[PDB]
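In what follows, chains are A, B, ... by sequence order, proteins preceding strands, each numbered from 1. Computation of the quantities below employed the complete heavy-atom set of this structure, encompassing side-chain atoms and omitting hydrogens, waters and symmetry-equivalent molecules. Atoms within a ligand are numbered from 1 in the order they appear, just like the ligands themselves.
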Number of protein chains: 2
Amino acid sequence: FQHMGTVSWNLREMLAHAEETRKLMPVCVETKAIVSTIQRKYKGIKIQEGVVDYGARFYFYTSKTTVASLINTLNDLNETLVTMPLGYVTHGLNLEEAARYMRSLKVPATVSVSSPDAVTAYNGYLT
Amino acid sequence: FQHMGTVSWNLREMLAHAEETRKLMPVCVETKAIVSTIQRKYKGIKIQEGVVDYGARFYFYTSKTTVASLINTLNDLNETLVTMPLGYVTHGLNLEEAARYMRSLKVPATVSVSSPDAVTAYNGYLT
Ligand SMILES: O=C(O)CCc1nc(-c2ccccc2)c(-c2ccccc2)o1
Ligand SMILES: O=C(O)CCc1nc(-c2ccccc2)c(-c2ccccc2)o1
């Protein structure tokens with residue numbers, strides 16, 4: 001997968017990169033720590049489902065949207081992503097099963113995991 | 001990041017260092033000026049994707065390979081690098097966002113930027 005690569009970026013690193021590049025950043029609106037950080041960093045943002053371009057360019061989704069449907073949607077949007085592994089924790093998936101879904105991503109993406117060791121493990125599951 | 005240091009070496013200085021040390025030197029094949037110099041200094045070289053050991057030890061990549069994927073691959077090769085900031089200009093990244101990706105390099109690397117002033121800026125961004 002030449003179009004996908006894995007780093008270990010905290011939220012501030014992801015947001016800073018997304019701010020500068022305008023890459024699309026998926027965000028699960030049920031993850032309170034991320035939603036709260038976004039609401040504080042970009043005062044006045046009206047978080048809603050779908051694309052919200054305000055401060056950074058977000059794709060807000062609910063965990064009621066199944067991972068494969070989310071990936072289907074993101075593929076159709078045809079935007080480069082900065083993202084965490086989709087479905088990981090939010091949909092009750094472990095890292096390996098999140099990686100299995102991410103194989104269906106056809107858009108370029110930077111995938112951020114928790115630690116440098118998780119980078120190696122995730123890439124192993126992905127391939 | 002004790003395994004990475006920043007210098008200001010032009011292309012000929014980078015090639016001379018690579019030729020003697022056999023450190024792996026990533027090269028973006030879309031950067032015509034660099035490719036033409038390599039073909040001139042190392043006549044007969046067969047440029048193709050991946051490791052090419054001819055004159056110097058190169059890793060040729062296309063900008064269709066995402067920056068994080070390239071760093072994943074270079075980390076897996078486990079070779080010491082002589083390199084420019086990956087993604088800078090070639091992937092539409094400024095120096096700061098290139099430096100952000102470079103934080104994921106786990107192999108030792110000498111990073112060459114365009115001027116001594118850029119050494120200061122890059123080191124500030126990297127940390
Ligand atoms: O004003 C209206 O009618 C809707 C406004 C709205 N707020 C939210 C939100 C806002 C903050 C946190 C979590 C949810 C949503 C929403 C977002 C994702 C998926 C589905 C819905 O939609
Ligand atoms: O003959 C064969 O087997 C391969 C021929 C080849 N030439 C090139 C090249 C040669 C010069 C300039 C820019 C590209 C590539 C290539 C290099 C990097 C990434 C992808 C492809 O591949």
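Drug identified at ligand 1: oxaprozin. The largest share of close contacts with oxaprozin (ligand 1) comes from the chain named in UniProt as Papain-like protease nsp3. Every other chain with a heavy atom under 4.0 Å from oxaprozin (ligand 1) is listed here: A.
Proximity of atom 1 (O) of oxaprozin (ligand 1) to the protein is not indicated, since no non-hydrogen protein atom lies closer than 4.0 angstrom. Among protein heavy atoms, the minimum distance from atom 13 (C) of oxaprozin (ligand 1) is reached at A/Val29 CB, 3.5 Å.
Closer than 4.0 Å to atom 18 (C) of oxaprozin (ligand 1) lies at least one heavy atom of the protein. Other ligands and ions with any atom nearer than 4.0 Å to oxaprozin (ligand 1): none. Regarding atom 9 (C) of oxaprozin (ligand 1), its nearest protein heavy-atom neighbour is A/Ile47 O, 3.7 Å. In this structure, chain A contacts oxaprozin (ligand 1) chiefly via UniProt domain Macro 3. With hydrogens left out, the protein atom closest to atom 16 (C) of oxaprozin (ligand 1) is A/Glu49 N, 3.6 Å, a heavy atom. Per-atom contact check: atom 22 (O) of oxaprozin (ligand 1) touches the protein, criterion being a heavy-atom distance below 4.0 Å. For atom 4 (C) of oxaprozin (ligand 1), no protein non-hydrogen atom is found at a distance below 4.0 Å.
Within 4.0 Å of oxaprozin (ligand 1), judged by non-hydrogen atoms, the site holds A/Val29, A/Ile47, A/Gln48, A/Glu49.
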